[PDB]
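What follows is a model of Cytochrome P450 2C8 carrying bound troglitazone.
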Amino acid sequence: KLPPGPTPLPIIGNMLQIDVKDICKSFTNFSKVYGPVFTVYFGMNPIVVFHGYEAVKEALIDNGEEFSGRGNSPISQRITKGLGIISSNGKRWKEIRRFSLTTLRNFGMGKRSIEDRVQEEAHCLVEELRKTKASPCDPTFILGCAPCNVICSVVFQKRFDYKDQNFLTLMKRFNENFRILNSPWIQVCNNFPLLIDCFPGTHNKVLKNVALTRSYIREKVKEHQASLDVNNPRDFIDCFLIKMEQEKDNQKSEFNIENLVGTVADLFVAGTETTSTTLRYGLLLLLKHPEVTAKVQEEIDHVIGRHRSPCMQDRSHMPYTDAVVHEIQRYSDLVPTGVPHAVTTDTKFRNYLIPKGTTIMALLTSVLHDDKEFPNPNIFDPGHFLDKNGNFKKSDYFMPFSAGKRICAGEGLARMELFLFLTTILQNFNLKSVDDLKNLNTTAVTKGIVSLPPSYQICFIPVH
Ligand code: HEM
Ligand SMILES: Cc1c(C)c2c(c(C)c1O)CC[C@](C)(COc1ccc(C[C@H]3SC(=O)NC3=O)cc1)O2
Ligand SMILES: CCCCCCCCCCCCCCCC(=O)O
């Protein structure tokens, strides 16, 4: 007995009842008719949707174990093969994530903290923006390089030089597989697999890129193997290799060259375009909101000064900027529908039974936009994370990284990259818009699984 829901048409479920261009709007509308929990069918597939804090929490958190399964999909399986962390489940998942989480702690991979890799990058970033000579530009590409390089310096050792050819194709490929796989069409194709045949070129293009990336990562892992100094790991690959060596006698062990290549790939996928997007969105919101960028730069000046690059320890003494980064994430609403889950076994939810394997969808956006927890949930306002005395006010409704057992495996890095990149930038540049601010649109183009900020141009004017 699944939760209530629209009546499905025998073969295509409720597909033609939901706008694939903005399926979140469709879901919100269904909740107005069926309530917090409801079932909809994408083709033959039943998807139970959780909408609102009470429901999302009850599911993701209170029943975390049952809801910690990754929502399967033909396209994910063909590419990842159940390998790595993003698309794995059960034991293999539990083990890889557990290892990943620890080797991604600030000092979980050697003498060089992750924070220091981010700072080196935040630095190279401003020196690039510096090169645009205050002229108007589309930050998209340049902003996307930073997050990509962070991941590079987290898994491969040192960062790449922005001009490095290897770095640029390794990036244009992820950016390519991203622009393709984030199309509403993939959602359709995932439920009606036959449709993939209607896209031979695109199909080949993806697998082609997945080939080149994987084989490249594999080249790197051999490099890391030849130079492996077990006493002091340089990066994610050294740590994983070290771990392999230990489980060596075990042929059950998930830690093998297979999961390694996948997990590194997963890291690029899971941490590049997301961060990049929130970054662009963030700069855009700061551009549109001059009064906010000002207090941030005032806080930066008052705590960090003009003779020292910001660091994570400062965030503790910068409640406003903290509220700003949280509001940026709360407004960006990067993944409105959250990433699909799947219950691990027959699961009881209130007066409903959800059969093992059923696909779950916890509407993060419904949390992030709770009109009671965040009055005027649709306006960008740091006050949403600020108390009467200007102190940061954490919220339970802050779920942009999801929640429960499967919450973003890189929340820390994500938040770190956002705080260091944004501050390091505002400390060195002022944001000027090409046109009149009123003409500046900040409404997201919520097509596909990841929302994107509208396109825009910006001038980075170095400060004096
Ligand atoms: C501002 C940027 C980012 C946001 C908003 C974000 C958020 C998310 C979300 C919503 C999920 C899905 C959670 C779920 O299963 O319900 C996720 C998963 C994941 N994220 Fe991120 N992410 C970002 C950056 C990062 C970064 C920088 C890394 C890299 C270390 C990363 C690594 C992962 C991984 C590995 C998973 C899969 C975890 C699993 O399946 O157990 N993320 N993230
Ligand atoms: C590069 C990139 C991709 C391709 C991306 C997403 C992000 C955030 C990315 O940075 C979000 C999900 C989605 C838009 C669609 O769902 C998928 C998520 C991950 C994957 C992993 C595949 S894509 C790739 O180049 N290598 C992989 O292992 C496939 C599909 O894919
Ligand atoms: C194993 C990988 C399989 C990948 C299959 C991808 C199938 C969906 C391809 C969708 C392509 C959409 C192209 C048009 C995009 C647009 O113009 O908006």
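Residue numbering for chain A follows the PDB entry; the residues present correspond to positions 28-491, in that order. As the structure lists them, so they are numbered: ligands from 1, and atoms in each ligand from 1.
- The full list of places where troglitazone can be found here is ligand 2.
- Organism of origin for chain A, per the PDB: Homo sapiens.
- In chain A, the residues that UniProt lists as binding substrate and that have a heavy atom under 4.0 Å from troglitazone (ligand 2) are these: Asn204, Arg241.
- UniProt lists residues of chain A as binding heme; of these, a heavy atom under 4.0 Å from troglitazone (ligand 2) occurs in none.
- Applying a cut-off of 4.0 Å to heavy atoms, one finds the binding site of troglitazone (ligand 2) to be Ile106, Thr107, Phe201, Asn204, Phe205, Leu208, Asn209, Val237, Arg241, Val296, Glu300, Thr301, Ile476.
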